J.: 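I'm reviewing an experimental structure with S-econazole and have questions.
Within every chain, numbering begins at 1; the chains are lettered A, B, ... in the order of the sequence lines, protein sequences first and strands thereafter. Atoms within each ligand, like the ligands themselves, are counted from 1 in listed order. As a textbook-style caveat: the illustration shows part of the entry, and contacts are counted within that part alone.
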2 protein chains.
Amino acid sequence: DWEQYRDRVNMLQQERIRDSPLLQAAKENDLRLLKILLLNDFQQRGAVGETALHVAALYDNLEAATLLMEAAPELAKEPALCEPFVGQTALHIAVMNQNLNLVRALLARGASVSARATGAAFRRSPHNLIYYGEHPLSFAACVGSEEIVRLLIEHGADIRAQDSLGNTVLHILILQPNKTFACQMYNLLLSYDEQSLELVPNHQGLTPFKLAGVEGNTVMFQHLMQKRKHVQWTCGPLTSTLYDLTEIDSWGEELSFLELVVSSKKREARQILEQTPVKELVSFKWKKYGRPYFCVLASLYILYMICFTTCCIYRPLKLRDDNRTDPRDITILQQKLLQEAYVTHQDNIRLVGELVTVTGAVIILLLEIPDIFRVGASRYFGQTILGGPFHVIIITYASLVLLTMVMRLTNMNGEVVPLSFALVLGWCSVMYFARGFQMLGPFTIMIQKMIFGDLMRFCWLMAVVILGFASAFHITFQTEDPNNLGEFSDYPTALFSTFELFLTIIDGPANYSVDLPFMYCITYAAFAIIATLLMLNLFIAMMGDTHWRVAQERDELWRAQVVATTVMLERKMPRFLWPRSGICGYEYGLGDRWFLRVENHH
Amino acid sequence: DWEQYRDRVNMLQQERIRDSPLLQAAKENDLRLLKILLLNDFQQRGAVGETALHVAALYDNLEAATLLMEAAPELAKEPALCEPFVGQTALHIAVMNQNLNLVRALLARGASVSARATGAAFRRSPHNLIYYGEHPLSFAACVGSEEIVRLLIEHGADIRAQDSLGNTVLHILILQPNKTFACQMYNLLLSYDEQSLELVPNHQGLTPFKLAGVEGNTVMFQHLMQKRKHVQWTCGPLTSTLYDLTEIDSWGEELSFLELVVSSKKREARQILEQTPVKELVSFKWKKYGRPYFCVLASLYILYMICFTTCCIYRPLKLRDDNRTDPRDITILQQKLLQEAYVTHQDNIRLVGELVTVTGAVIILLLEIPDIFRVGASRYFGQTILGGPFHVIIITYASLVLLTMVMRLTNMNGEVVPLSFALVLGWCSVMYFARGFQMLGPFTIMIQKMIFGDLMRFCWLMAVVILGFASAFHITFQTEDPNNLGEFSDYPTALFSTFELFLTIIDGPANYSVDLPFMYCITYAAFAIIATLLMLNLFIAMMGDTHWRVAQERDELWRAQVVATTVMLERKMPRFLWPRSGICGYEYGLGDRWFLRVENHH
Ligand SMILES: CCCCC/C=C/C/C=C/CCCCCCCC(=O)O[C@H](COC(=O)CCCCCCCCCCCCCCC)COP(=O)([O-])OCC[N+](C)(C)C
Ligand SMILES: CCCCC/C=C/C/C=C/CCCCCCCC(=O)O[C@H](COC(=O)CCCCCCCCCCCCCCC)COP(=O)([O-])OCC[N+](C)(C)C
Ligand SMILES: CC(C)[C@@H](C)/C=C/[C@@H](C)[C@H]1CC[C@H]2C3=CC=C4C[C@@H](O)CC[C@]4(C)[C@H]3CC[C@]12C
Ligand SMILES: CC(C)[C@@H](C)/C=C/[C@@H](C)[C@H]1CC[C@H]2C3=CC=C4C[C@@H](O)CC[C@]4(C)[C@H]3CC[C@]12C
Ligand SMILES: CC(C)[C@@H](C)/C=C/[C@@H](C)[C@H]1CC[C@H]2C3=CC=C4C[C@@H](O)CC[C@]4(C)[C@H]3CC[C@]12C
Ligand SMILES: CC(C)[C@@H](C)/C=C/[C@@H](C)[C@H]1CC[C@H]2C3=CC=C4C[C@@H](O)CC[C@]4(C)[C@H]3CC[C@]12C
Ligand SMILES: Clc1ccc(CO[C@H](Cn2ccnc2)c2ccc(Cl)cc2Cl)cc1
Ligand SMILES: Clc1ccc(CO[C@H](Cn2ccnc2)c2ccc(Cl)cc2Cl)cc1
């Protein structure tokens, strides 16, 4: 694994540094020994191809570093050579240690301002504790060393240079955790912008502005917006400001800023939706257009589920064509064949409801399947904010409807099976629309967070209790007459009875007209204590405990689900239903831009 | 919508200011350009009829404003002209910007101290972030600018002037959010009162004192009471104070201060009921008169419900007059007709209970219907503090009793229907009286806050689960013999069974003497996990979470419901039962006033 490899790399590196007297002296700064070694081979390299000057820079030894450079000035030009540290110069190290005196002394000797630390130890990854990109300028920037940043830009640091992710120094500052200084650095770098560096995309296509949204960097987002706003007037406690929406609303771009924020996997990204140009924009879009269209679509879907349900209630059945010879058989009706299922006026009235039913299942797949391939199947089905679990069950619903159509046409028996799944999944998919309503929306997120959290843990331990007790109850009744207590009469019935007895959805077996096994009363007392009293009530206790701790995040997830719904509706619906949002600049002489005006009290 | 209109107004305003070189110079303060333009048409107006001097005042440019006034002194007199800003002078703007030097310079040039900003941007509304009324003095006051307030009063600001709501500067200060400075301003304005300005009503009929109650301004209320109290004595740690009740008790006034506070829709208004002249007054009224009369009325209503119930238990029925030919029919009795329903001594004893029952339903409507028209139907039925939901069900109860009387008299069949509603609603309306008792009162507010909150959200998602599963269970059993498992034998029974199975109020279907469908055991396992375990227990978890967060407001709502009951009883009951409260001043030589004396430890 990578941790064991990095560890060896570090161990071999320290071993070489102890083995070589020149690298050893570069780490210890014993200028006596180092002068004698240099007066007496300067190319000597550690375990990763690093020079004695990289070693002096790593241990921050300016005296050893200047002796090494005075003896062999060419060392200032050298990269490290091996897979972890490829391209790392003594200048990258001196910059990361903030040694301005060593950085000057290296630049005075031709150390490259444009060198790229291409090795893995520099790549963005979960493996690496930092990500400064690849260049001395990007290091000095993320390190928060203006004096080094100016010194490098003077010496030719290309400010528009890009690393292996395509990230410029501006993209890299958006990724750093000192969000507050990163701003002062962001302004220092834009003081040399003179296409703007603000508009350069990385290889994901993200500009710095889109990256601050995607990464949830709310401090850099609100800092970037201070240069995309104009104060129209202030009068007493009131100010009117005009925000340029060109970045946030992303008109006619192939993937918008708000899509990138709502689909981001960072929990910090949802906080961007609470910021001033945005909250007001997504709130305007939702009241004016989003909620009216979502209430119409919710109503049409519920009427379509009533239509589908009615085609199940009036499903085509006839009297069985053979006798119930087994006294335990209760089936009295059978399917009509296709050639007899459409004969009466009521069958033709149903056929309209069935063709509407099938048409809705086709339309569901025509609307769903393309969005799997844009968003990505895992995000499509995994993301709570995008509706992931409802996209699974609506595709499953439409698939079970189309399977039921193929079964009808082919005279295949057993349409009850796909229709029973399609009725449960079809109606529970009406919970998709709960996200538009402040009453139902946050509660539907508790249902989801309780299903995947507490109900899953409960069902795993509930299963071993049911297997223990269903087996004990089955073998207790194995020897007794099945007609006197039917609940445990075979292992599948004993499992199902024990599951219903666990949840108290059926009454505990009892027949006072006969002597039940004494081992049953012992086993059922232990079961009612463990299953019913302790665990079924411990479920309520752990749900009540989960609920107060999740209640803040559920509201944030709901406020984000409303924005994701707003963004979905505007991307999918015909534009004539969704007029461009905000204020057109052109009819007021402001040029091609579109704006949001907000008035605030202070 | 108004937001899009205000936004255009702001955009057209800024466009004109950029288009006109004179308004542009008034905003930028480039005295070079402005001197040349004025030396070279001074009437030029922006998008809302505002002058270049309004523009200089808005951008707070005293140098541009004094050049514009020096070139054309008549500009100081000008209002703005268009619908948002009608009547707004440069003096309104200079006052709101607190520019005392510009305000003098305008007043020195005849700017009107009595101008009214009649435009909508000044009206009280949810659309407007501030409300300063219409006059320069009311602006200077709400802005908290004594030096400008004195300067205006010297120049003739009519302190008794009223805006389009009838609000004086005192009413407007009660509405402002800096409740603490507003007091220092309130005293500054009363220093010029010399009918008192304290007693002038707005167009709602509210004086400043009633408005501080209605708006829940507890800081201004307790400040107003410092001038309506007298300290009789202090001895060591004890003080005795005498509060004038003339304002709070509002004797013989058509609508009292305490009615206006308990019927207010502001959540802050209930906090007035916790203040020193009041809490002691409403507590005295409740112990001495309120609770004794409310316990008598509670007892009389419960005895009337026992009387009505007894007329239902002894309802007049006879043997059916035709055979039960359908083997699934269980009806054996039928109504007696009016001409046979009153024959025995026990029928005449009932008839007294029925005439008492009907008389109580008439009395309920005679007591209820007038109060709908005073309070207003929406407040009458909407307000928790006034008893809103109990006023709905008591009017509904009386209507179902009078309908049942019309049915009896007309020999109409089916009296079971209106009587079953009248028994449920009649007895649940006994919960109205829970508000008098500290044990039952706050709990009856949780019942209400759980019905309209958590039970509503639950019932919406519970309904789609019941529609999904009732349909799956119905079509699973559609083909099987109805006599072996009756629960899902038609769609209305399948809905009702699935509702009872959701809540575990009936046992899960099972008949071990026959092979049930395998799809039933699959569907019922999924149902018991989703309905019974997860959601029925998630109801308890979300109620437990709502309960601790609502528990403070429920106690405040209960303490306010007791005062609303006290105020109701005193307004409705015969005065001889409700002696005037407090201490008559006349028999101690204090004149016509009535007082509350409170003794306090400090
Ligand atoms: C997110 C939570 C997920 C939790 C997942 C857990 C699920 C709960 C239960 C598992 C379903 C097991 C279904 C067994 C059906 C047997 C039918 C049958 O064929 O029975 C028996 C055969 O087998 C048995 O004897 C026993 C089967 C093996 C033991 C039970 C299954 C264990 C499954 C373990 C799963 C992992 C659990 C780990 C901890 C969670 C035959 O039938 P018979 O009884 O008529 O005997 C006919 C013959 N005589 C009359 C002579 C008796
Ligand atoms: C604050 C919370 C408020 C929540 C409100 C929600 C309410 C829960 C349930 C709704 C009541 C529906 C009553 C249906 C009665 C049908 C009787 C009948 O006539 O059935 C059927 C006819 O209809 C049906 O087939 C299906 C009816 C349509 C679907 C069910 C109603 C959907 C209502 C949706 C409401 C909105 C929900 C949105 C999400 C909350 C006939 O009768 P049969 O079965 O004897 O068939 C006789 C004929 N064979 C023998 C051949 C079968
Ligand atoms: C035999 C059939 C009837 C069984 C398998 C059916 C399972 C249904 C009842 C289960 C399967 C997954 C469940 C499920 C998945 C996830 C979510 C998202 C959550 O935010 C709301 C509840 C909701 C929508 C629930 C509802 C109930 C579902 C849809
Ligand atoms: C406790 C958790 C883990 C939940 C999920 C466990 C469910 C188990 C107990 C349930 C789910 C589906 C049930 C089930 C499916 C269908 C049938 C066919 C029926 O003719 C006999 C019972 C039988 C065989 C039962 C046995 C018990 C099962 C397997
Ligand atoms: C068919 C009939 C019997 C059905 C419709 C009757 C409904 C009754 C049970 C329901 C309807 C509204 C409910 C209701 C409304 C509001 C309140 C106010 C609350 O502070 C206490 C409970 C209380 C008083 C409850 C009691 C139960 C009521 C009165
Ligand atoms: C889950 C929430 C939404 C609550 C309110 C839902 C209630 C539903 C399930 C209940 C309320 C009243 C019930 C109801 C009313 C009366 C009858 C007549 C009876 O002869 C057959 C059942 C039938 C038709 C049932 C069906 C199920 C209903 C409609
Ligand atoms: Cl789980 C679930 C999901 C969505 C709805 C949709 O609920 C709304 C009503 N509502 C309830 C609360 N706030 C709004 C609705 C019901 C019926 C029809 Cl036909 C249209 C609409 Cl818009 C109900 C349950
Ligand atoms: Cl929901 C409800 C509402 C009101 C009462 C009234 O309860 C009181 C008794 N009580 C109980 C607690 N504190 C006082 C009562 C009962 C019977 C009779 Cl006849 C008269 C009275 Cl005054 C009881 C339930």
J.: Mind telling me which parts of the structure correspond to S-econazole?
T.: ligands 7 and 8
J.: Under a 4.0 Å cut-off, which other chains come into heavy-atom contact with S-econazole (ligand 7)?
T.: A, B
J.: Could you check the entry and tell me where chain A comes from?
T.: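 It's listed in the entry as Oryctolagus cuniculus.
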J.: Heavy-atom distance under 4.0 Å from S-econazole (ligand 7): which UniProt transmembrane segments of chain A, counted from the N terminus, qualify?
T.: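 Non-hydrogen atoms that close: UniProt segments 1, 4.
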J.: What's the covalent partner of S-econazole (ligand 7) here, residue and atom?
T.: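 The model places no covalent bond.
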J.: By chain and residue number, what forms the binding site of S-econazole (ligand 7) with heavy atoms closer than 4.0 Å?
T.: A/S299, A/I302, A/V430, A/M431, A/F433, A/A434, A/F437, A/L440, B/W460, B/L461, B/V464
